[PDB]
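Opening notes on fluconazole bound to Lanosterol 14-alpha demethylase.
Start at 1 with the first residue, then count along the sequence. Counting starts at 1 for both ligands and their atoms, in listed order.
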Amino acid sequence: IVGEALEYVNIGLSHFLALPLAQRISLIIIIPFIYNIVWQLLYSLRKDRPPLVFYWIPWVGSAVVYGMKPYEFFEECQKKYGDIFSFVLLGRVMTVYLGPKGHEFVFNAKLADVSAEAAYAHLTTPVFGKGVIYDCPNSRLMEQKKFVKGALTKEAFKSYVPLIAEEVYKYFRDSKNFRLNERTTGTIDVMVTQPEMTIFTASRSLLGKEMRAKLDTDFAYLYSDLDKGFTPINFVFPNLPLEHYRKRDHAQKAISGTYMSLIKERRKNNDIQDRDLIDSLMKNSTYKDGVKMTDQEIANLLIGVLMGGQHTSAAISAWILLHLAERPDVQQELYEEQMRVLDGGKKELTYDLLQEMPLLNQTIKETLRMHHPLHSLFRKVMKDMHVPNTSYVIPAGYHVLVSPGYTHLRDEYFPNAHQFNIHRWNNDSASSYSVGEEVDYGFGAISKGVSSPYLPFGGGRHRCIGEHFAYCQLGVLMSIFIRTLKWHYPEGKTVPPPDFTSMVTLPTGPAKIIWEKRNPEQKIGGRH
Ligand code: HEM
Ligand SMILES: OC(Cn1cncn1)(Cn1cncn1)c1ccc(F)cc1F
């Protein structure tokens, strides 16, 4: 008889509940540890699942090693398992597909298979505001991107270039980090200067003179507050009721309120031209179904676009300065190009002349290769996905992770990948180009194939639309840097390792360089 055994289950249960709370919590801690270990061993026996990276701590998973050094994590996993593997990340299962076929599998995934907004809305929506980017169906995002692109034309860039140039010179003249009329040499932290230069140039051109003017006041602190809400922390804790979450929410309201004030002021004055992105969205933000974006949604879209372009661009210009700091040969080569294209500096820089500066553009291109701002891009898996030429199935509820920035740094696709070499792009200085067929998801024709090992701007429906603005901004900025200054490292200093813990792969600061005026007695005009 096992009825007696059934009695002892009950008895055993009663004795369990009567254990000392020392052993009890000890069991509360050890019982999931064992189950988690057991479950993994069972999981590895499945062959319709990609290999899963082993981990000791339940829920946490490989979060530590991935959070701190994701490319080293990927390389070890790649050696062990190949290009497709999964790992647990703070409650989630992430399936990584490394390499060009991984680019295809994720970036060109069917709309019904994966969702970007399901992965990102929790973070971005509190920062940008409601109704836009990832707080809306994909079809709305497609048209929002179309609206923004309408202010990102060649004719717009022709107008932006002198505005951006003005801001760079103003910064050289007025910022305490330079003061070129008073000082001929100095030391700067590029992680201090580049965010400032980036927001000043982007505000002036995209938002206009009024909004740029606000950055000279205490209002600028709000952008810094809003900046704090844009952090990997908010992927896990999007809202816990403490301080920087409040200042974030406050900043969003305060900043969007300022934009709406200008929007409403321009319309009631009929003061709507073709100056900036605000004018453009005011004249062009009606969806195809006839629903118009509200002034709040327009304001929120402005925040998201400026914020995203802020962090990517500021990281890159910082990396460009840092790589050139130990390459006076490259500075010299870029300077000669400036002298030739701008006729010894007597030609005023224009958007057209920027396109005649291949080495400068190649420098941006090579920096984008070595320092892709976003080391990982996510999608939540919505339907079971079969991985082609495998028996692998990625079940709904998983997340897929694609990492073009990892491939950027592989010798197989870029010889001597860890060497900064702008000449690997000789006769290939364009920001990007489709090697064949195109397709339109609602914001213009783009590459249908996403198999390039070089994808600084992603691909597919979620592809970047700011690439030409970024090159314009970076180009003007670096053209002026090169013509005005020489710079180098403090003794014993070199290019710093990336900080993979922030939203973008910015350099580990403080990252200091020493600048010197090429023309010590050159003065920058204007009142101050
Ligand atoms: C060096 C500068 C930049 C780089 C490397 C970069 C990179 C990227 C990448 C990789 C994506 C794809 C994201 C994904 O697939 O989840 C993306 C998307 C996007 N970016 Fe950029 N970006 C840059 C600058 C900018 C600028 C200046 C703007 C706007 C003025 C901008 C606006 C956008 C927008 C609207 C998307 C669409 C996201 C989506 O559809 O889900 N970016 N960018
Ligand atoms: O793709 C981002 C969001 N993101 C994803 N991983 C980290 N941040 C970044 N970004 C890309 N280009 C510029 N910023 C984005 C996309 C659109 C957008 F409006 C804001 C925004 F942050």
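Looking across the whole structure, one can locate fluconazole at ligand 2. Residue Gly308 places at least one N or O, backbone or side chain, under 3.5 Å from an N or O of fluconazole (ligand 2).
Atoms of fluconazole (ligand 2) lying under 4.0 Å from any heavy atom of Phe128, numbered from 1 in the order shown and given with element: 20 (C), 22 (F). Of all the atoms in fluconazole (ligand 2), the ones that sit under 4.0 Å from a non-hydrogen atom of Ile133 are 19 (F). For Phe457, the heavy-atom gap to fluconazole (ligand 2) stays at 4.0 angstrom or more.
Other ligands and ions closer than 4.0 Å to fluconazole (ligand 2), by number and name, are ligand 1 (protoporphyrin IX containing FE).
For atom 15 (C) of fluconazole (ligand 2), the protein comes within 4.0 Å by no heavy atom at all. Entry annotation: chain A, source organism Saccharomyces cerevisiae (strain YJM789). Per-atom contact check: atom 2 (C) of fluconazole (ligand 2) does not touch the protein, criterion being a heavy-atom distance below 4.0 Å.
Taking a cut-off of under 4.0 Å to the non-hydrogen atoms of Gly304, the atoms of fluconazole (ligand 2) that pass are 18 (C), 19 (F), 20 (C). Distances shorter than 4.0 angstrom occur between a heavy atom of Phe230 and an atom of fluconazole (ligand 2).
With the cut-off at 4.0 Å and only heavy atoms counted, the binding site of fluconazole (ligand 2) comes to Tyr120, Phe128, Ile133, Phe230, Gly304, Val305, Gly308, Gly309, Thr312, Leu374.
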Note down each nitrogen or oxygen pair, fluconazole (ligand 2) side and protein side, whose separation is under 3.5 Å; give only atom names and the distance to 0.1 Å.
from                   : atom 1 : to     : atom 2 : distance (Å)
fluconazole (ligand 2) : 14 (N) : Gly308 : O      : 3.2

